[PDB]
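We number each residue from 1, following the sequence as shown. No hydrogens, no waters, no symmetry mates; every other heavy atom, side chains included, goes into these values. One-based numbering, in listed order, for ligands and for the atoms of each.
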Amino acid sequence: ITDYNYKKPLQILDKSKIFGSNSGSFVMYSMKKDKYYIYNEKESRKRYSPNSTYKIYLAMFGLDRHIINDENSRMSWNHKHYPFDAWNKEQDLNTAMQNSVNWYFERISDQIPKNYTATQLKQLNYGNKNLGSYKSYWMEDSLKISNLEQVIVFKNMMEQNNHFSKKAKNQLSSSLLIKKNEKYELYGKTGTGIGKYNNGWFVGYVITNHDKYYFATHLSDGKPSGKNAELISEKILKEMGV
Ligand SMILES: *C(=O)[C@@H](NC(=O)Cc1ccccc1)[C@@H]1N[C@@H](C(=O)O)C(C)(C)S1
């Protein structure tokens, strides 16, 4: 009822054929040129739950409040059998991000009061800002963000001379690196919502030798999967600027 699509106004694109039988949007931002590039402006402004992309923010708050740190991003397994075998071991930040280990981020969340989080979501302009009963509010629930916001918000949280330390930003960055060769480094995080897949995400950024870009892809129908959002994301960055 209070849910609304992203209002704040700020070049656009046609990637309709890469998306094919999936539907959703793409957003990109050039540091050097200070401009946005968007495929599907209207869909890009619709608010969806960020699901596992919110781990970015959970990690950042975890490092800020010290809940986890340089040396002790650790946290033990509760010896509960989850389907993913990568989830069934000791974790650190890199491991839990790479492998999107829900229990690790949920334990960070456990230790964070609604008022630090609400304050943070307000400084950051994180969508909705709608926390719930404040449980797993990021996992298909009250909290919601648009694809466009994902990009502005992430770019602003990392680039603004702001209260998060360069060091926690850098540990986060490490946790999110996905590909690297000579030309580029690609960073980001997959999100997959569910008995059905209906909300797929891939949010991140790429550093080349020349420029630095933040981008995000959402998926709502077709095969809205974190996996497919990453593929689409990769085909767009390739077919555009190496
Ligand atoms: C984050 O998106 C996680 N998704 C789920 O656990 C599914 C789910 C269940 C209940 C509520 C909301 C979402 C992990 N992220 C993805 C991903 O990285 O694409 C996985 C499917 C790997 S699990």
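The molecule at ligand 1 is the drug named benzylpenicillin (bound form).
Here, the main chain in contact with benzylpenicillin (bound form) is recorded in UniProt as Regulatory protein BlaR1. Heavy-atom proximity to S100, at under 4.0 Å, picks out these atoms of benzylpenicillin (bound form): 14 (C), 15 (N), 18 (O). Measured between heavy atoms and rounded to 1 Å, the nearest UniProt active-site residue of chain A to benzylpenicillin (bound form) is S52, 1 Å.
According to the deposition, the covalent link from benzylpenicillin (bound form) ends at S52 OG. Those atoms of benzylpenicillin (bound form) that come under 4.0 Å of a heavy atom in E140, given as number and element, are 12 (C). The protein atom (non-hydrogen) at minimum distance from atom 11 (C) of benzylpenicillin (bound form) is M139 CB, 3.8 Å. Each of the atoms 2 (O) of benzylpenicillin (bound form) lies under 4.0 Å from some heavy atom of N51. Residue contact annotation: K227 has no non-hydrogen atom under 4.0 Å from benzylpenicillin (bound form). At a 4.0 Å heavy-atom cut-off, benzylpenicillin (bound form) touches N102 through the side chain alone. Residue contact check: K189 has heavy atoms under 4.0 Å from atoms 18 (O) of benzylpenicillin (bound form). Interface atoms of benzylpenicillin (bound form) facing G226, defined by a heavy-atom separation under 4.0 Å, are 19 (O). Looking at atom 7 (C) of benzylpenicillin (bound form), its nearest protein heavy atom turns out to be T192 O, 3.2 Å. Here is the list of benzylpenicillin (bound form) atoms found below 4.0 Å of a heavy atom in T190: 17 (C), 18 (O), 19 (O). Among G193, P83, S52, the residue whose heavy atom lies closest to atom 1 (C) of benzylpenicillin (bound form) is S52. Under a 4.0 Å non-hydrogen cut-off, the residues that form the binding site of benzylpenicillin (bound form) are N51, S52, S100, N102, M139, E140, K189, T190, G191, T192, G193, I194, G226.
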